[PDB]
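Snapshot of nirmatrelvir (bound form) at 3C-like proteinase nsp5.
Note: chain IDs run A, B, ... matching the order in which the sequence lines appear. All residue numbers given for chain A refer to the PDB entry; the residues shown span 1-301 in order. Chain B residue numbers are taken from the PDB entry; in order, the displayed residues are 1-301. According to its header, this structure was worked out by X-ray crystallography, 2.4 Å. Each ligand, and each atom within it, is numbered from 1 in the order the structure gives.
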Number of protein chains: 2
Amino acid sequence: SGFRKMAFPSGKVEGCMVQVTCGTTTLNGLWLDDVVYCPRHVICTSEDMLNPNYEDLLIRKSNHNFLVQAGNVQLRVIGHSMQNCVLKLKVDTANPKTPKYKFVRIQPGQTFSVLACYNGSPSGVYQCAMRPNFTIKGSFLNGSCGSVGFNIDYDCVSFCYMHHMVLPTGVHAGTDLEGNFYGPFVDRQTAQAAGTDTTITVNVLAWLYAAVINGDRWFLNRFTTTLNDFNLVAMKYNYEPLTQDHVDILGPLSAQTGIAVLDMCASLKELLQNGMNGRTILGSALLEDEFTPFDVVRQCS
Amino acid sequence: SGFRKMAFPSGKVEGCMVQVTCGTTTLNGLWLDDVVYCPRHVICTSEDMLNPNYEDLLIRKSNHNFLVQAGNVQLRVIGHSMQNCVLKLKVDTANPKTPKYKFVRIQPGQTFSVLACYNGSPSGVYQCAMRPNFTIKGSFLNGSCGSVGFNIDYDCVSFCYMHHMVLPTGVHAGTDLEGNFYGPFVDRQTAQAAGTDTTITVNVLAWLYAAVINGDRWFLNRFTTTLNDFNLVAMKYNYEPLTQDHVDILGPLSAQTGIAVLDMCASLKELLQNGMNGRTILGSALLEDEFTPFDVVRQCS
Ligand SMILES: CC(C)(C)[C@H](NC(=O)C(F)(F)F)C(=O)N1C[C@H]2[C@@H]([C@H]1C(=O)N[C@H](C=N)C[C@@H]1CCNC1=O)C2(C)C
Ligand SMILES: CC(C)(C)[C@H](NC(=O)C(F)(F)F)C(=O)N1C[C@H]2[C@@H]([C@H]1C(=O)N[C@H](C=N)C[C@@H]1CCNC1=O)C2(C)C
């Protein structure tokens, strides 16, 4: 009953958050087994950000130039390397709170929980989504670098994101846990374009399905639409084109509500062209696109 | 950078979640020290909900009629009592994961994080607020009874809420950790009125202050307003009347943005009478009222 944008329980991730201090720069790290992961720009000063040569910058750094603080217990650094944009600091002591984990590169449109670490410690948790421009609309202040995005399958944590930078628009960019940036972004202080931020169409349909389950039906229309004609009005409104795969993913919601996928797309076409006229759907006046169909299925059962 | 409705890290609360099974009814409990707290309606069947005499119902129950499951370790019940609407089950083993905690009755308008326990285990976390009608707009399915609301001050957990029922409107009602319901609600299956759900005015002003800090200023107007004249247009739009205390709480945001409180109320008056004209503030077309001024201060520093 009721629909909320809830995140996974961050208990398994809080036990892996550490502080990495290189010189005067500090940020958060991920302590899994005997390796600490953090953005490689921790080794840069206020000047190096404009044009950093991370290879030349890391060469002048040694193992002892890294302060890894886990609450109060310091970790001895026995090795370091650079995998793309992530810094892998091998420590002596393995984390006893290491959960079952794996690394995964998340596709645009998929959601994940973010443990935002303000003021040098786990401070908040929220649910967000990977936008088509490979940016996220989150909440990151100074000291939030190293904040990780993750998903939890029963007992396994799927770490997928690590925050690095904020675009001049205010949106955020980051990498996966193997160092590769999501999008055409590079860890360097310079004006970078994000690109057109289209709307995840399959997530919007999943949110409309969640509205029917929760009682809101005013938007249910008396029309239908084909797949190509819906995509015609989709490109005009900066919506991603719907594919037959997206129809298959929305399978369980169509069978649970008795509303076919193409009928739901027909309704969505009317909301784009006519607006909501001030009305609300699930307490919002905007088509929400931060709910994957798997998130709706999880919460509605 | 960026504004999100983030919740506190639920790591300290997950270690206190247990399953309480009385007969065929199961729900979640709060294992603090050697006491387990849960809604007292766990002892009711499907029929007792219509007209329960909890005293007569609890008399026919003994210590062994309560299955307290903490993951896999069962807890031996050595005592039980009824404090208003909460069931205090004294167990033999004290919870080793018991954090520094205390109980607090939250005032309407204040926010707190909720660890929603779907399917018999901690499943999600979200931030919500106590509405003026003492209800909350959350996400609670069957088996969510026993889900707790809490706030975290550095190391101390302030447990303030426990979910019990859902109103026929879909909104949720609950009690504090001493058993007293928030509002005129009673644990009994019968049509109960929630009352007029006014808008927390001080929270809306705090959200507008957060919009100025984040760059959105289109709503900043060129007028001012007194306190009594703003309350005149406040009652018309189902907004709570602003008091001089509310002005004092908004102190830090006015001194940080250089915008006086009465000037911010002047802007808010224009949004109520003219709407947003389809525009957005912090990515929303509705005046958000689930951010206390302390939440904005926490996230904007
Ligand atoms: C806009 C800015 C000029 C700051 C820059 N932006 C671009 O370079 C862009 F234009 F490409 F975005 C940027 O983000 N950084 C500068 C530099 C990293 C990152 C950075 O130091 N960030 C802060 C470090 N703790 C955390 C931020 C600050 C506020 N809130 C946060 O979370 C790197 C790209 C290597
Ligand atoms: C609407 C209903 C008739 C169900 C009733 N409502 C009213 O009695 C009211 F009209 F007062 F609201 C109600 O909530 N309950 C019946 C009964 C308790 C509660 C209840 O058994 N709840 C479920 C138990 N696990 C969890 C719910 C179900 C869906 N999602 C949830 O979270 C008590 C008031 C003692």
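- Contact chains for nirmatrelvir (bound form, ligand 1) (heavy atom under 4.0 Å, other chains only): A, B.
- Applying a heavy-atom cut-off of 4.0 Å to nirmatrelvir (bound form, ligand 1) picks out A:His41, A:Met49, A:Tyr54, A:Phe140, A:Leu141, A:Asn142, A:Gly143, A:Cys145, A:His163, A:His164, A:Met165, A:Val166, A:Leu167, A:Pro168, A:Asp187, A:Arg188, A:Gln189, A:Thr190, A:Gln192, B:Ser1.
- Bonding summary for nirmatrelvir (bound form, ligand 1): no covalent bond to a chain.
- Proximity to A:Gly143 (heavy-atom distance under 4.0 Å) selects the following atoms of nirmatrelvir (bound form, ligand 1): 25 (N).
- The atoms of nirmatrelvir (bound form, ligand 1) that sit less than 4.0 Å from any heavy atom of A:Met49 are 17 (C), 35 (C).
- On a distance-only criterion, A:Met165 and nirmatrelvir (bound form, ligand 1) share no N/O pair closer than 3.5 Å.
- Between A:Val186 and nirmatrelvir (bound form, ligand 1), no pair of N/O atoms sits closer than 3.5 Å.
- Close approach of nirmatrelvir (bound form, ligand 1) to A:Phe140 is summarised as follows: ligand atoms under 4.0 Å from at least one heavy atom of the residue are 30 (N), 31 (C), 32 (O).
- The nearest heavy-atom contact from the protein to atom 28 (C) of nirmatrelvir (bound form, ligand 1) is A:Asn142 OD1, 3.6 Å.
- Close N/O approach between A:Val166 and nirmatrelvir (bound form, ligand 1) is found [any backbone or side-chain N/O within under 3.5 Å].
- Atom 20 (C) of nirmatrelvir (bound form, ligand 1) has its closest protein heavy atom at A:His164 O, 4.2 Å.
- The nearest UniProt-listed active-site residue of chain A with respect to nirmatrelvir (bound form, ligand 1), heavy-atom distance given to 1 Å, is A:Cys145, 3 Å.
- Every atom of nirmatrelvir (bound form, ligand 1) is numbered from 1 in the order shown, and the set under 4.0 Å from a heavy atom of A:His163 is 32 (O).
- In terms of polar-atom proximity, defined here as any N/O pair under 3.5 Å, A:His41 makes no such contact with nirmatrelvir (bound form, ligand 1).
- In the vicinity of A:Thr190, heavy-atom distances shorter than 4.0 Å reach the nirmatrelvir (bound form, ligand 1) atoms 8 (O), 9 (C), 10 (F), 11 (F).
- For atom 16 (C) of nirmatrelvir (bound form, ligand 1), the closest non-hydrogen atom on the protein side is A:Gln189 OE1, 3.6 Å.
- Protein heavy atom in closest approach to atom 24 (C) of nirmatrelvir (bound form, ligand 1): A:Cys145 SG, 3.4 Å.
- Per UniProt, the domain of chain A home to most contacts with nirmatrelvir (bound form, ligand 1) is Peptidase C30.
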Kindly print each nirmatrelvir (bound form, ligand 1) N/O atom paired with any protein N/O atom under 3.5 angstrom away, one pair per line, or none if nothing qualifies.
| unit_1 | atom_1 | unit_2 | atom_2 | d |
| --- | --- | --- | --- | --- |
| nirmatrelvir (bound form, ligand 1) | 6 (N) | A:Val166 | O | 2.8 |
| nirmatrelvir (bound form, ligand 1) | 8 (O) | A:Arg188 | O | 3.2 |
| nirmatrelvir (bound form, ligand 1) | 8 (O) | A:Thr190 | N | 3.3 |
| nirmatrelvir (bound form, ligand 1) | 14 (O) | A:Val166 | N | 2.7 |
| nirmatrelvir (bound form, ligand 1) | 14 (O) | A:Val166 | O | 3.0 |
| nirmatrelvir (bound form, ligand 1) | 30 (N) | A:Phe140 | O | 2.8 |
| nirmatrelvir (bound form, ligand 1) | 30 (N) | A:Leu141 | O | 3.4 |
| nirmatrelvir (bound form, ligand 1) | 30 (N) | B:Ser1 | OG | 3.3 |
| nirmatrelvir (bound form, ligand 1) | 32 (O) | A:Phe140 | O | 3.0 |
| nirmatrelvir (bound form, ligand 1) | 32 (O) | A:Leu141 | O | 3.0 |

